[PDB]
Amino acid sequence: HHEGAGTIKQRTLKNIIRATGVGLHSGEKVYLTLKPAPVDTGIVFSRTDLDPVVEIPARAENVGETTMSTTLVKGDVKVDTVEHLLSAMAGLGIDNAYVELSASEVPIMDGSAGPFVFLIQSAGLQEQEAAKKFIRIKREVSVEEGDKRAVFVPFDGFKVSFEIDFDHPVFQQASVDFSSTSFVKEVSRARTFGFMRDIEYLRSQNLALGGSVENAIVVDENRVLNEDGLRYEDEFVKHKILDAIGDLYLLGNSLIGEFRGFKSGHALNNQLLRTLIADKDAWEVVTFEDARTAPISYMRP
Ligand SMILES: CC(C)(N)[C@H](NC(=O)c1ccc(C#CC#C[C@@H]2C[C@H]2CO)cc1)C(=O)NO
Ligand SMILES: [Zn+2]
């Protein structure tokens, strides 16, 4: 036993994770396997139902549609609704992993990232022999469209603010800083949500076909319909934060910076990432030779 500086290191899974579920939008039954991956692989989604297998790295450049969920595309092959799983992975510091899926949509589980964090954390994480690379924000980068707004600001840590503006009796602002807030405890359990009003339209378009009170906060004209209510008083805005954490992980590396979202969503989050990547003065890749002086820290593996 000796004392010295240690690099903050890349992580993969210690064991394989298998789950079965349903696609929120497609309603399809889907089998999910997460597997360990070598250093610098990133998170790569593998459609194992196809022959040959089609692999899509979870990066901003592969993002197709972003109307309802965050979708990845390569050719005519898609992987839908990647944000909640990706959010779980970013939240626990996973750099490298294969996500195999038997169908085009990640399973929705209970509508949050909780079950994923739980499955992953039961399997365990494996630190690997390479420095973890971070993306540090060095300038303000903002995108807007109409009243929607998404911003990166320099910040020595990682924090996220979000504000939504729904006119609905059921109601809007939250900030979370990973120096104090636990991702796992205060964010990961926040479920997706939908309004009864949109549901038939959505289904009329073959969207929300797997959605139910079992996997979503469902809201009618006046109230939450789920018999047992909300897991957090501000669950709705907490889920928007959960979504943003997963959409930001399409950078392919954790962030050192601050994100602020104002009625933001998947499209604008993706626009923001693209604008950031284009503006190489506004960011740089960094490592930390000494975890003790880093501005971020992680749970034991
Ligand atoms: C919140 C956000 C960002 N808009 C998005 N979620 C969705 O779009 C979405 C979520 C739930 C439903 C439903 C249902 C249902 C249902 C069945 C009718 C009730 C009966 O049992 C529909 C759409 C998201 O969290 N994306 O990541
Ligand atoms: Zn979501």
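Numbers here simply count residues along the sequence, with the first being 1. No hydrogens, no waters, no symmetry mates; every other heavy atom, side chains included, goes into these values. Counting starts at 1 for both ligands and their atoms, following the listed order.
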field: ligand 1 drug
entry: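 PDB records call it ACHN-975.
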query: Looking at contacts alone, what is the main macromolecule next to ACHN-975, by its name in the PDB entry?
result: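 By contact count, the main one is UDP-3-O-acyl-N-acetylglucosamine deacetylase.
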task: For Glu83, take its heavy atoms, then give the atoms of ACHN-975 lying under 4.0 Å from any of them.
output: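 Reading through ACHN-975 atom by atom, the close ones are 26 (N), 27 (O).
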query: Given that the side chain starts at C-beta and the backbone is N, CA, C, O, which of these parts of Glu214 lies under 4.0 Å from ACHN-975, counting heavy atoms, or is it both or neither?
result: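 Neither; nothing of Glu214 gets under 4.0 Å from ACHN-975.
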Cut-off 4.0 Å: ligands and ions near ACHN-975: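 Near ACHN-975: ligand 2 (zinc ion).
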field: Heavy-atom nearest neighbour in the protein, as seen from atom 4 (N) of ACHN-975, with distance rounded to 0.1 Å
entry: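 Here the closest protein heavy atom is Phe193 O, 4.3 Å.
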query: Please state which protein non-hydrogen atom is closest to atom 22 (C) of ACHN-975 and give its distance, to 0.1 Å?
result: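 It is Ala208 CB, 3.8 Å.
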field: Check: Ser69 N/O within less than 3.5 Å of ACHN-975 N/O
entry: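 Between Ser69 and ACHN-975, no N or O pair is found under 3.5 Å apart.
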task: Flag atom 10 (C) of ACHN-975 as yes if some protein heavy-atom distance to it falls below 4.0 Å, otherwise no.
output: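 Looking at atom 10 (C) of ACHN-975, one finds that a protein heavy atom does lie closer than 4.0 Å.
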- request: Report yes if some N/O of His25 lies less than 3.5 Å from some N/O of ACHN-975; otherwise report no.
  value: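 For ACHN-975, there is no N or O atom that lies under 3.5 Å from one belonging to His25.
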query: Should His266 be counted as touching ACHN-975, given the test is an N or O pair under 3.5 Å?
result: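 Min N/O separation from ACHN-975 is below 3.5 Å for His266.
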query: Which one of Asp198, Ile199, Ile164 has a non-hydrogen atom at the shortest distance from atom 13 (C) of ACHN-975?
result: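 Result: the heavy atom closest to atom 13 (C) of ACHN-975 is in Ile199.
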Per-atom contacts of ACHN-975 with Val213, taking only distances under 4.0 Å to non-hydrogen atoms: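 So the atoms of ACHN-975 that pass are 21 (O).
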Nearest non-hydrogen protein atom, atom 24 (C) of ACHN-975: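 Nearest neighbour among protein heavy atoms for atom 24 (C) of ACHN-975, to 0.1 Å: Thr192 OG1, 3.1 Å.
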task: Return yes or no for this condition: an N or O of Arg203 is under 3.5 Å from an N or O of ACHN-975.
output: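 Between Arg203 and ACHN-975 (N or O atoms, distance only) the closest approach is not under 3.5 Å.
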query: Going by the atom numbers of ACHN-975, which of them fall below 4.0 Å from some non-hydrogen atom of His239?
result: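 The atoms of ACHN-975 under 4.0 Å from a heavy atom of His239 are 25 (O).
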- request: Report yes if some N/O of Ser212 lies less than 3.5 Å from some N/O of ACHN-975; otherwise report no.
  value: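 No: no nitrogen or oxygen of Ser212 is under 3.5 Å from one in ACHN-975.
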- request: Considering only non-hydrogen protein atoms, determine which one is nearest to atom 17 (C) of ACHN-975 and report residue, atom name and distance to 0.1 Å.
  value: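 Checked against all protein heavy atoms, atom 17 (C) of ACHN-975 sits closest to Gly211 O, 3.1 Å.
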Ligand-residue contact atoms, ACHN-975 with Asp243, heavy atoms, under 4.0 Å: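 This gives 3 (C), 24 (C), 25 (O), 26 (N), 27 (O) as the contact atoms.
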Contact residues, ACHN-975, heavy atoms 4.0 Å: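 Counting heavy atoms, the site comprises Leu24, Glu83, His84, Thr192, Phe193, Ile199, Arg203, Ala208, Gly211, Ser212, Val213, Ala216, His239, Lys240, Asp243, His266.
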